[PDB]
Structure formats: C-alpha cells, structure tokens
Amino acid sequence: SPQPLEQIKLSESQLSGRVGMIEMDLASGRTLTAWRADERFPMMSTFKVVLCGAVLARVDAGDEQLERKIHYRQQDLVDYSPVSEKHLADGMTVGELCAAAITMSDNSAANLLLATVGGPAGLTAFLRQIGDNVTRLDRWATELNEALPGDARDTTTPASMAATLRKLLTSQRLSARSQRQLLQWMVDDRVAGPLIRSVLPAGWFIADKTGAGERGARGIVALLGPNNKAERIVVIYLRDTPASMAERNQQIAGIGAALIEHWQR
Ligand SMILES: OC[C@H]1O[C@H](O[C@H]2[C@H](O)[C@@H](O)[C@H](OCCCCCCC3CCCCC3)O[C@@H]2CO)[C@H](O)[C@@H](O)[C@@H]1O
Ligand SMILES: *C(=O)/C=C/N[C@@H](C(=O)O)[C@](C)(Cn1ccnn1)[SH](=O)=O
C-alpha cells in the first residue's frame, strides 16, 4: 500500500466521492494525518458513541443510573431494533440500552437514550458544553442518515469528532469508570469489530463504531494501534459516492492498510 495520504486520494478518485479523515494520537491529541478534516460529513450511526458519552455524564452527576430499567412499548420501536425488540415484556436498563446502541446499532435503544438527554437539541447542547462547536444532531435515529447534499443537519467534521471522542475517553470530563465503560462499549462492537479483527494482522488493537447512510455515506470512528494498544483515534467519513457498500468498505479498509504499513510517522 502507498502512504496514507496517497491512499486517501486514490479512494476519492476511485469512489468519485469526498473522504474526510483524521489520525490522532489518543493520549496526546497529536494530529498525524488530516484530510478534509474541517469539512462536514453526515455522522450516521457514529453519533451513538457521543450519545452514550452524554448518558455517562448524567450518571456521573447522579442524574442517571446505568442500572435504571426503562420499560417501553412496541409502538416506540423504530427500524432495526435487534436487541430492544426482544424486551417488550421486561424492559432494558440504561446501560443495556447503550450497549445495544453502540455494539449492535440498535435504533430504538438509541432513540430511548436520546430522549433522556434532551433529544437531538439536548445532545447538541452537551457537545457545546464539552467544547465541540461544530458537531450537531438534529434528527432521531432512523432519519439522520439521509445525507442530502448541502444539508448541515446531523453532521460532524473529522477534526471535531476525533477531538470529541478523545475528550470523552481521556480528558477526565467523565469519571474513570465512565471512561472505561465507553471504551469497552466500542471494543465490544458486534457489527464491524469481529470482521475487522479477521483482516487485521496479529498484534493490532481495534475498537469502533461504524455508520452508513444515503448517497454513499459511510464512516467509522475507531481506536487502532500495534502491540495491542489503542494508540490512535482514526476517524474516516465518506460522502457523495454512488459506489456499492462493498467498495466503500474496501476503500476504507485500504486506507487502514496504508496506516498499518506506514505506522511510524
Ligand atoms: O506488513 C504489514 C502487514 O501487511 C499485511 O497485512 C495486511 C492485511 O493482510 C490486510 O487484511 C489489511 O487490510 C486492512 C484491513 C483494515 C480493516 C479496517 C481498519 C479500520 C481501522 C481504523 C479506522 C479506519 C479503518 O492490511 C494489512 C496491511 O497491508 C500482512 O498480511 C501482515 O502479515 C503484515 O504484518
Ligand atoms: C448507522 O449508521 C445506521 C445505518 N444503517 C442502518 C439504519 O439506517 O438504521 C441499517 C439498519 C443497517 N445497519 C444495521 C446495523 N448497522 N447498520 S440500514 O442501512 O439497512
């Protein structure tokens, strides 16, 4: 594979779309690669990680408990609820809801959680409170990935998302236990985690949340590194490409391969 930046360019050329990417040291925030890092991209399902960071903040403040059981109704379910559709009789705890939203991308779980933090506006206010003045959530789980051109709703920038994830995971804004919980939820991703490990060389750590939307929208927020360490945050978003899901997946994997082969920069 070529250098990361050359591979990113090849991906835009092959996809006919825009790629946005940031590679950042998790411990220090050192930016290694930045391409269209200040441009907007639909967050898609990656918003679920920020969502649970807001939930954890409420737990830390004593305004929420991960143990609290929420009972909901079938009428509350939206498209794609693999875990939540199984608990109409007994409910789910707030912590189980975050695990379902992040590790399974359960949309009903995400919407139930979103209501607890004040809806899209409340999550956006939380983002402003931690210093992210760019990322914005405007719609609920099954409408936020429409990806209309020129539509600023439900978007982030690679730089903003990377900085925000770093703040949630390492800045002590969240308690030690909450930081550890948010990280473990990403380590536990069932949607893409196992697949990524299957193609990663031995020794590489992965934690992640992926997303997909219309007009080719695709993305991943991840922690990656050799020696089984979460050394860097890598955020990659794709938008406005008519390519098949397989090819968008392949191009993102290709950027990952360039990173893996040329890690020491
Ligand atoms: O020399 C480095 C490595 O080169 C190859 O590894 C390949 C691997 O066989 C392939 O499957 C992967 O594809 C990349 C898979 C990436 C999957 C997703 C990565 C995510 C993670 C973070 C966010 C963006 C993308 O590339 C590496 C590097 O060429 C060799 O197989 C391996 O033995 C060797 O140690
Ligand atoms: C988050 O990015 C969600 C994207 N796609 C979802 C959806 O729109 O709700 C579906 C259900 C695919 N999916 C399942 C699990 N992760 N993604 S839709 O694109 O089929």
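Following the PDB entry, chain A shows residues 26-238, 240-252, 254-292, kept in their order. Counting starts at 1 for both ligands and their atoms, in listed order. Structure determined by X-ray crystallography, 1.6 Å.
- Found at ligand 2 is the drug tazobactam (bound form).
- This structure shows the largest set of contacts to tazobactam (bound form) coming from the chain UniProt labels Beta-lactamase SHV-1.
- Residues with a heavy atom within 4.0 Å of tazobactam (bound form): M69, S70, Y105, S130, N132, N170, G236, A237.
- Inside a radius of 4.0 Å around tazobactam (bound form), no other ligands or ions are present.
- Annotation: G236 places no N or O atom under 3.5 Å from an N or O atom of tazobactam (bound form); distance criterion only.
- The UniProt active-site residue of chain A having the smallest heavy-atom distance to tazobactam (bound form), to 1 Å, is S70, 1 Å.
- Residue and atom in covalent linkage with tazobactam (bound form): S70 OG.
- Of the protein's heavy atoms, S70 OG, 1.4 Å lies nearest to atom 1 (C) of tazobactam (bound form).
- The single protein non-hydrogen atom nearest to atom 15 (C) of tazobactam (bound form) is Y105 CE2, 3.5 Å, given as residue, atom name and distance.
- With hydrogens left out, the protein atom closest to atom 19 (O) of tazobactam (bound form) is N170 ND2, 5.0 Å, a heavy atom.
- Of all protein heavy atoms, the one lying nearest to atom 4 (C) of tazobactam (bound form) is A237 O, 3.3 Å.
- The protein atom (non-hydrogen) at minimum distance from atom 6 (C) of tazobactam (bound form) is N132 ND2, 4.7 Å.
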